[PDB]
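So, a structure with estradiol in it.
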Amino acid sequence: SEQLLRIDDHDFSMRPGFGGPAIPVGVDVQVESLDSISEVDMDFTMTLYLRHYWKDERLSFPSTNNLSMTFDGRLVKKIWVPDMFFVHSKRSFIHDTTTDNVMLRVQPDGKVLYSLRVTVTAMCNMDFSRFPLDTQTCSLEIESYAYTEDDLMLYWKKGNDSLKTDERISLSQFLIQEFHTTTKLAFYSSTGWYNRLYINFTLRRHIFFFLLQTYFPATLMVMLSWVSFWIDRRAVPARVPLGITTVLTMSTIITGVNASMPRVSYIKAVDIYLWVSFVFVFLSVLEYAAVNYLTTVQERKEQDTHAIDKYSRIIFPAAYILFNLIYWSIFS
Amino acid sequence: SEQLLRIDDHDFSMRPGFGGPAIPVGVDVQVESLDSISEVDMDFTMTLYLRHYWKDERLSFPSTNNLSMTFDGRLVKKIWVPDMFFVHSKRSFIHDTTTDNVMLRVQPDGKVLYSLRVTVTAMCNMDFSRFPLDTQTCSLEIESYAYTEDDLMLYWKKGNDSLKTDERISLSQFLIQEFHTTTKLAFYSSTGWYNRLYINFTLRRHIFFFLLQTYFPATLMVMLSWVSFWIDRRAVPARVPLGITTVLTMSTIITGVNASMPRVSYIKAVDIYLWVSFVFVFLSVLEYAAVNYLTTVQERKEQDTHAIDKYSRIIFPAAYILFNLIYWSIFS
Amino acid sequence: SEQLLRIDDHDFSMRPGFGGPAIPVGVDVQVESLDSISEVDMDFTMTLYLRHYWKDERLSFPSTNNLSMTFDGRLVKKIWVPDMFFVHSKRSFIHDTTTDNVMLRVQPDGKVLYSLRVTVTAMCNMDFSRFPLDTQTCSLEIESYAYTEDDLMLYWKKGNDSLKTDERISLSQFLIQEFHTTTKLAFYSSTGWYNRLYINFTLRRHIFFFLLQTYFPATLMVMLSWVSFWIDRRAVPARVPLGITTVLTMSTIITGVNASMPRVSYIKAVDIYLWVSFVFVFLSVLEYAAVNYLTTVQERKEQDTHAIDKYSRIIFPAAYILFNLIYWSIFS
Amino acid sequence: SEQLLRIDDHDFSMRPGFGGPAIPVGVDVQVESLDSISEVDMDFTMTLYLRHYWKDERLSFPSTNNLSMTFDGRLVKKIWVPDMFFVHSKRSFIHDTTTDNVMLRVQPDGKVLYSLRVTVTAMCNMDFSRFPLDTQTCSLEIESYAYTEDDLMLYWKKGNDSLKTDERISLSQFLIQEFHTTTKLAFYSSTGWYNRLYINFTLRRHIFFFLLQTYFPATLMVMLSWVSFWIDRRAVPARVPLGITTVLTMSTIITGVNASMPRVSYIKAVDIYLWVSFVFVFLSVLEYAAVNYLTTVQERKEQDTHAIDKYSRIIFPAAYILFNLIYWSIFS
Amino acid sequence: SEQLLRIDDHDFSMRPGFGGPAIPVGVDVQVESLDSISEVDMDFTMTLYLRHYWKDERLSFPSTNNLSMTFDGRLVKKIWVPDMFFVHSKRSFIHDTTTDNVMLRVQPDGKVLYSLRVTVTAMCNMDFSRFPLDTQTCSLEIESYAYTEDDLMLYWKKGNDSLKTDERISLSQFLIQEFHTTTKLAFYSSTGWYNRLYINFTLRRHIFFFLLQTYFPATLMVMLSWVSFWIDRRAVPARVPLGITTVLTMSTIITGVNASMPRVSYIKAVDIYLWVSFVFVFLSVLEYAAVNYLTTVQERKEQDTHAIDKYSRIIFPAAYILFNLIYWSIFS
Ligand SMILES: C[C@]12CC[C@@H]3c4ccc(O)cc4CC[C@H]3[C@@H]1CC[C@@H]2O
Ligand SMILES: C[C@]12CC[C@@H]3c4ccc(O)cc4CC[C@H]3[C@@H]1CC[C@@H]2O
Ligand SMILES: C[C@]12CC[C@@H]3c4ccc(O)cc4CC[C@H]3[C@@H]1CC[C@@H]2O
Ligand SMILES: C[C@]12CC[C@@H]3c4ccc(O)cc4CC[C@H]3[C@@H]1CC[C@@H]2O
Ligand SMILES: C[C@]12CC[C@@H]3c4ccc(O)cc4CC[C@H]3[C@@H]1CC[C@@H]2O
Ligand SMILES: *[C@@H]1O[C@H](CO)[C@@H](O)[C@H](O)[C@H]1NC(C)=O
Ligand SMILES: *[C@@H]1O[C@H](CO)[C@@H](O)[C@H](O)[C@H]1NC(C)=O
Ligand SMILES: *[C@@H]1O[C@H](CO)[C@@H](O)[C@H](O)[C@H]1NC(C)=O
Ligand SMILES: *[C@@H]1O[C@H](CO)[C@@H](O)[C@H](O)[C@H]1NC(C)=O
Ligand SMILES: *[C@@H]1O[C@H](CO)[C@@H](O)[C@H](O)[C@H]1NC(C)=O
Ligand SMILES: CCCCCCCCCC
Ligand SMILES: CCCCCCCCCC
Ligand SMILES: CCCCCCCCCC
Ligand SMILES: CCCCCCCCCC
Ligand SMILES: CCCCCCCCCC
Ligand SMILES: CCCCCCCC
Ligand SMILES: CCCCCCCC
Ligand SMILES: CCCCCCCC
Ligand SMILES: CCCCCCCC
Ligand SMILES: CCCCCCCC
Ligand SMILES: CCCCCCCC
Ligand SMILES: CCCCCCCC
Ligand SMILES: CCCCCC
Ligand SMILES: CCCCCC
Ligand SMILES: CCCCCC
Ligand SMILES: CCCCCC
Ligand SMILES: CCCCCC
Ligand SMILES: CCCCCC
Ligand SMILES: [Cl-]
């Protein structure tokens with residue numbers, strides 16, 4: 001086989017067409033899976049197939065018939081091939097069981113297909129200010145390590161038709177949508193200009209799960225604190241334990257939510273809602289302290305419902321409704 | 001040894017029978033263990049033996065007697081062998097202590113057995129909507145990396161008798177059952193058609209553990225909230241603390257369950273049961289607020305059991321029974 | 001050195017005595033440490049020295065005197081050596097700092113000692129039904145990868161004297177005892193019969209730690225629930241808060257134990273004890289609801305201690321004693 | 001290509017200019033990302049590009065025109081290159097997908113550019129005494145492993161213009177600022193003097209997040225404990241449960257904060273604030289015990305507000321204000 | 001360079017002075033960092049420089065002047081070097097970025113310096129019975145893998161001056177002190193006697209952090225339980241809720257401490273203190289049950305402070321003081 005290719009007779013340390021125009025190299029990608037995601041480290045992991053296409057007259061071979069020849073990674077060391085790398089990647093590797101998952105297919109005309117299977121972890125900067133109502137966009141980037149656009153020209157072989165994605169692709173914690181491709185020119189002052197390829201996608205959460213587990217309990221506890229305004233002010237051993245036990249219950253709820261969340265140490269939209277609800281419950285405990293004190297002062301001086309309860313029955317609900325209208329107009 | 005095989009005289013970069021019909025290659029598998037499983041990453045890990053069978057006249061050798069010859073991984077580099085890989089795998093490796101766990105056995109006729117020991121991690125997409133009453137099915141897949149069915153024909157050597165599983169195979173968190181084999185043809189537009197082999201199995205949970213730890217406590221707390229309807233309405237400092245302390249107790253139970261569960265952020269069958277029980281307890285606290293208010297209004301106007309308690313003693317249990325009948329007809 | 005051994009003149013791809021009887025190979029082991037253990041993955045990790053002994057006339061060398069020659073891993077590649085592997089192992093490796101921890105010692109007669117230092121992780125199936133009163137037994141297994149008993153005969157060189165264990169060997173969470181060796185013949189239908197070597201040991205827990213942290217608190221809370229039967233039935237605002245706060249306290253205890261335990265999702269001996277104690281406390285809350293209701297009915301009809309308290313003072317302790325006697329006769 | 005360079009004719013085991021003055025080697029760095037940080041292990045991880053510049057007459061080549069030649073890691077093994085390493089690093093690696101991310105560019109004059117992409121984890125000693133108001137400074141260090149300043153002279157090629165940082169660089173838990181470069185001479189008694197290069201940066205936290213989650217709840221609970229001084233001393237079943245339930249609520253808050261914090265086992269500024277607030281709440285429970293006892297003694301002897309309440313209404317708030325003024329003058 | 005050394009003319013598979021006396025080899029160590037520590041696995045991780053010194057006449061070279069020659073890891077494969085390994089180590093590796101961090105310096109006389117940078121993880125058996133007042137001692141050990149003292153003699157080159165430690169060495173959770181060196185002879189029955197080198201150090205904790213977080217809260221809760229003896233026995237709805245809420249508060253404290261501690265499943269000094277404090281609080285709840293029962297019996301028979309309170313006011317504090325004196329005389 002390797003005697004028909006004239007491997008011993010050519011310098012394969014240099015590209016096709018050296019000293020002349022650039023070599024055009026086309027690319028396809030097939031995404032096999034999304035493997036995990038980390039919100040505190042801000043990265044994601046992906047497994048894919050990567051395919052390259054070009055022509056080299058040094059590899060043309062005589063044949064009576066149109067049959068191609070096929071080789072593995074042991075030929076790759078002896079000929080020239082393109083030099084792609086993944087930009088902004090944290091780590092990656094090429095699969096090797098039961099042997100190296102790499103292939104070369106060569107036509108009698110000297111056209112080449114070069115194919116490999118690979119796993120990569122890449123960074124994706126995330127903003128959690130609107131959590132849990134946030135939306136994140138991420139991308140994977142491809143570039144030549146050593147050749148500027150004067151020597152190698154890199155492009156998507158079929159436009160957006162160059163990207164395929166597995167029919168069963170999913171994540172346990174997110175909804176994935178809107179896969180599409182783009183390109184852009186980039187500059188490095190030590191070397192010059194390069195073309196870069198992009199794969200783009202969007203992530204979203206299951207909203208009703210978070211509403212049920214977080215917003216609904218806090219709202220129910222605020223409503224229980226209002227029941228106190230309808231209990232007789234003479235029942236001190238009933239009015240006093242109800243308040244402080246409601247404060248304890250709101251406190252344990254907020255502690256459990258904090259223990260369950262990812263460790264992102266800045267203020268988020270759900271934080272604001274919980275601490276405002278805590279303040280409403282605290283203020284209901286100050287209301288009865290005022291009522292009891294003034295009742296006692298009148299009983300002492302002088303020796304039906306009090307006006308403060310009458311007003312609280314109206315004012316506490318109205319204020320909480322106003323808060324909710326503003327909050328949901330901000331976070332939509 | 002390696003001079004009887006005519007290694008220096010043949011091109012082992014190409015398959016047996018090249019330019020003619022396909023080479024048939026048979027396969028056996030012996031599963032040694034299931035090593036771990038991840039529900040948030042959606043994958044499982046397995047260790048196994050993989051065995052391959054074929055014939056190659058280039059490896060036939062003269063002998064007076066029927067003795068075979070046996071070799072290790074140092075021959076594999078010099079001859080031709082099949083090119084299997086594990087489809088949809090996240091990572092894998094071949095064992096190498098005290099040396100490479102690889103073997104080749106060759107008959108005087110040129111029949112070959114090729115054997116190796118390997119560990120693989122593979123993806124298995126899971127749905128947790130019915131948790132803890134869910135059932136999961138998983139599979140492992142085997143294919144040639146470079147040869148279509150025009151050049152290599154891949155098959156199970158003995159039918160379903162080709163698969164063996166270790167007598168002590170188990171998992172700490174699941175029951176495993178129904179190991180069996182299948183095959184299917186697959187298509188890639190850049191190359192053509194391939195045959196693929198499958199190993200299939202099913203996973204189930206220990207149901208009574210989850211009933212005892214999750215459903216039983218919530219049911220007991222709902223029943224304690226009903227005790228209030230049988231206590232004298234005049235005892236305000238008894239009726240009021242009982243309710244709010246029952247709400248606190250249900251809240252700490254739900255927080256502990258949430259902290260213990262895998263981090264799958266969508267709504268599950270057990271979530272529904274817990275939040276409905278929370279609402280039943282909240283409504284029992286509103287019932288006495290009504291009774292106490294109306295009692296106070298009559299005492300003020302005018303200066304035995306109340307009808308609301310009489311009805312609640314009947315209506316709250318009946319409604320919870322109706323809920324349970326519907327719920328268990330849905331989740332079965 | 002390597003010119004006295006006639007390395008260039010012999011085929012070291014095949015065993016001593018090929019075409020004749022089997023080569024006997026003796027083995028010693030010295031355990032250096034037990035490194036970790038996992039209860040949810042069901043495996044353990046160990047570091048050891050492994051030593052092999054045999055004779056090969058191809059390695060005999062002329063000498064005036066009884067001095068042996070000593071070599072490192074660079075000779076191992078050029079001669080024949082045995083092919084041992086660890087059965088049912090998850091992963092393993094051979095140490096290489098400051099160089100490969102491998103040695104060969106050769107006598108003028110052609111006797112060889114082959115020695116290496118290695119770390120291995122191996123599976124050990126565990127049953128936790130009796131936890132914390134469980135006992136586990138584990139073993140490590142050694143075998144030839146390619147040679148049946150017709151070609152290689154594997155044995156412990158000195159009987160049980162072949163195994164040594166480090167004087168400071170320990171685990172943070174277990175007591176280790178009863179190290180001993182065994183052997184057994186095993187069969188594979190594709191190849192034939194093999195002899196296998198075993199190292200065996202036993203694991204146990206610190207019982208009084210678990211009694212103090214788990215059984216003692218639950219027993220104290222059951223006894224506090226009984227104090228209620230000695231408090232005046234007229235004190236409704238005292239009898240009612242005591243019960244529901246005891247239920248809350250038992251609930252937080254059980255939640256903490258569940259959060260601390262390994263994630264084995266089936267029912268264990270300690271689970272049974274905790275949920276029976278929870279039911280005893282719940283039933284003490286139903287007792288006073290009956291007493292208060294019937295007292296109120298008589299006061300209404302008609303307009304000293306009640307018999308139900310008198311009987312409960314005797315019956316609740318007797319029943320709990322009976323439960324404990326049965327339980328400890330079952331789990332011993 | 002490699003025949004124009006006279007690789008076979010020169011000893012590339014030794015530096016340019018050996019037996020004469022030192023070889024000057026210039027350096028640039030481009031930071032691609034900060035990848036993670038650990039507060040308990042005291043280290044950080046970074047990915048970067050590293051570039052080296054020097055001249056070697058042995059690599060000058062004849063040409064009619066000013067075109068450079070470009071090579072990969074397969075030339076690096078055959079010529080001389082500098083020997084940089086990262087001082088005080090825990091681990092590091094050079095990227096290799098789809099091939100080694102290493103490049104050599106050579107001019108006809110014999111000037112060389114040597115470039116590679118690398119990930120490193122480095123130690124950064126941290127002090128948490130002022131947490132959460134702490135500020136940390138970290139640095140990365142570069143040096144030659146084998147050559148003193150008598151043989152190799154190492155320097156930043158353009159001053160502070162030699163360092164570039166990615167426009168999207170960020171961390172989930174910190175604010176990063178003030179990237180700048182320095183150099184310093186270092187001494188080893190076994191070999192001599194070396195020049196070392198430094199990259200320096202500063203880290204800070206989001207202060208208002210920690211104020212909201214930690215300081216605000218403790219302050220609200222101290223204020224609720226003061227409400228008791230305004231409730232009638234005759235209401236024993238109201239005054240007594242309020243105190244002990246406030247103590248319980250402060251206790252659960254402190255436990256949640258401790259469970260959420262990194263495991264640094266020495267006293268921190270936020271610890272001091274929480275335990276002082278706990279003591280204020282405890283002392284409010286002792287105040288009413290005194291009032292109730294003395295009231296009972298007078299009622300017994302003899303058979304309006306008490307002076308202790310009157311004074312507590314003034315003294316407890318004044319003392320807590322004084323504490324806050326001192327504390328915030330210390331931690332600023 | 002490598003032609004002045006007569007590499008092709010000498011057998012570097014054997015030591016200097018073979019068939020004669022032993023080769024003396026001297027050693028220095030420079031500790032760069034302590035990298036982490038694990039209390040449940042019982043090990044620690046360290047990074048260091050290791051340096052070796054010896055003489056070999058086969059490496060003497062002619063020179064007019066006193067200049068040494070310097071080489072990297074590519075010479076190490078061709079000559080003889082010592083064979084050190086780290087005894088009782090779990091894992092280790094040698095650094096390789098931007099190339100292998102290994103160096104050889106050779107004098108014209110044939111004296112050699114051999115130097116490398118390395119990271120190692122080593123076991124250190126720990127006892128936690130006195131926690132948090134425990135003290136731990138650890139050591140790292142160095143030995144030849146293949147040569148007994150008849151062939152190689154290993155020693156510290158300068159006594160205790162052979163060990164240096166970095167001026168900024170620290171751990172987040174411990175105080176480190178008392179670094180010093182020792183040596184000892186060791187015996188293996190299969191080979192003979194070897195000399196071993198030791199590096200020794202000591203670890204201690206920050207005591208006042210643990211006192212503040214663990215012992216102080218439990219002591220305050222015991223003192224609050226005593227307040228009950230000073231409240232009027234007629235106030236049943238005050239005396240009864242105070243006790244059971246104090247029991248709940250002690251229970252949540254102990255649960256939080258247990259959740260925060262390393263998972264060492266045997267009894268520790270701090271365990272004893274917490275469960276004794278729990279028993280004191282339980283006994284204060286039994287005291288009032290007795291007082292209330294006997295008061296009720298006298299009121300029934302017959303139809304000021306009770307003696308049991310009078311005695312409890314003295315006896316409970318005295319007993320707790322006695323316990324503390326004994327406990328701190330035991331744990332010091
Ligand atoms: C602020 C809290 C303590 C400090 C915790 C912390 C501390 C350090 C850090 O880097 C992240 C976090 C995230 C969760 C934080 C906690 C959430 C609740 C708790 O009060
Ligand atoms: C919804 C909760 C907070 C957010 C938690 C979270 C947050 C992010 C995420 O990716 C997964 C989870 C799983 C558990 C969730 C928690 C369960 C209880 C808590 O209220
Ligand atoms: C059953 C609980 C929720 C589900 C938890 C779980 C869920 C899934 C799983 O694989 C293991 C475990 C172990 C601990 C379990 C918890 C123990 C307490 C809690 O109620
Ligand atoms: C001191 C606590 C128990 C011991 C815990 C521990 C124990 C050992 C250790 O190395 C670190 C820590 C950090 C958190 C500590 C806990 C914080 C709260 C708890 O009381
Ligand atoms: C004993 C507890 C349950 C069992 C827990 C366990 C269980 C198994 C194990 O190997 C270690 C530990 C450490 C912490 C233990 C817990 C401490 C508190 C809890 O009650
Ligand atoms: C196909 O191959 C035949 C030789 O068998 C050749 O004559 C013909 O030109 C080829 N056609 C193409 C399109 O390559
Ligand atoms: C077995 O080997 C003998 C030679 O010893 C040969 O004559 C015979 O044909 C062989 N039989 C088979 C079935 O291979
Ligand atoms: C020991 O070596 C001597 C040669 O020095 C030899 O004569 C003698 O037979 C040897 N003895 C044994 C037991 O090997
Ligand atoms: C550029 O190259 C030309 C040859 O094409 C040469 O004559 C000229 O001197 C070069 N100039 C520089 C600045 O190198
Ligand atoms: C130093 O080198 C000179 C040669 O330049 C030599 O004559 C002299 O003896 C050497 N001295 C020592 C102490 O090695
Ligand atoms: C299953 C969806 C439950 C949604 C509850 C939302 C509550 C929000 C209260 C403001
Ligand atoms: C040991 C099995 C316990 C099962 C309890 C199930 C309770 C379900 C209540 C609806
Ligand atoms: C230190 C040992 C403590 C043992 C307590 C066991 C309590 C069991 C109650 C049934
Ligand atoms: C969103 C910022 C909230 C800051 C609260 C600070 C409270 C401090 C009390 C002393
Ligand atoms: C900051 C140091 C605090 C020490 C408190 C110790 C309390 C011990 C009570 C027995
Ligand atoms: C917390 C609200 C207090 C309102 C007091 C009104 C006095 C007239
Ligand atoms: C909630 C505020 C009540 C204010 C009442 C004022 C009555 C004069
Ligand atoms: C639980 C609903 C009770 C409704 C009572 C209506 C009495 C007229
Ligand atoms: C605990 C059961 C008490 C039953 C009392 C029956 C009195 C007639
Ligand atoms: C906790 C404060 C007690 C003050 C007592 C004052 C007695 C005159
Ligand atoms: C909080 C201290 C109060 C002291 C009151 C003293 C009255 C004589
Ligand atoms: C705490 C023990 C009190 C014992 C009182 C005995 C009175 C006769
Ligand atoms: C607790 C504050 C009461 C104020 C009454 C006017
Ligand atoms: C708390 C609401 C009471 C309504 C009474 C009609
Ligand atoms: C899927 C929700 C079912 C609810 C049954 C009451
Ligand atoms: C709560 C049930 C009471 C039954 C009285 C007979
Ligand atoms: C609880 C102590 C009371 C002291 C009264 C003077
Ligand atoms: C709860 C036990 C009371 C005993 C009275 C003598
Ligand atoms: Cl009352």
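Below, chain A is the first sequence line, B the second, and so on; all start at residue 1. Note: hydrogens, waters and symmetry copies are ignored here, and every other heavy atom, side chains too, is used. Whatever order the structure lists ligands and atoms in, that order sets their numbers, starting from 1.
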Every instance of estradiol: ligands 1, 2, 3, 4 and 5
Top contact chain of estradiol (ligand 5) - most pairs under 4.5 Å, UniProt: Gamma-aminobutyric acid receptor subunit rho-1
Contact chains, estradiol (ligand 5), heavy atoms < 4.0 Å: C, E
Non-hydrogen contacts within 4.0 Å of estradiol (ligand 5): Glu39(C), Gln173(C), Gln213(C), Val257(C), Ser260(C), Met261(C), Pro262(C), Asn258(E), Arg263(E), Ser265(E)
For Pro262(C), atoms of estradiol (ligand 5) separated by under 4.0 Å from a heavy atom: 7 (C), 8 (C)
Numbering as shown, the atoms of estradiol (ligand 5) that approach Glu39(C) to under 4.0 Å (heavy-atom distance): 10 (O)
Which of the estradiol (ligand 5) atoms, numbered from 1, are nearer than 4.0 Å to a heavy atom of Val257(C): 20 (O)
Those atoms of estradiol (ligand 5) less than 4.0 Å from some heavy atom in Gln213(C): 1 (C), 20 (O)
Estradiol (ligand 5) vs chain C: UniProt transmembrane segments with heavy atom under 4.0 Å: 1, 2
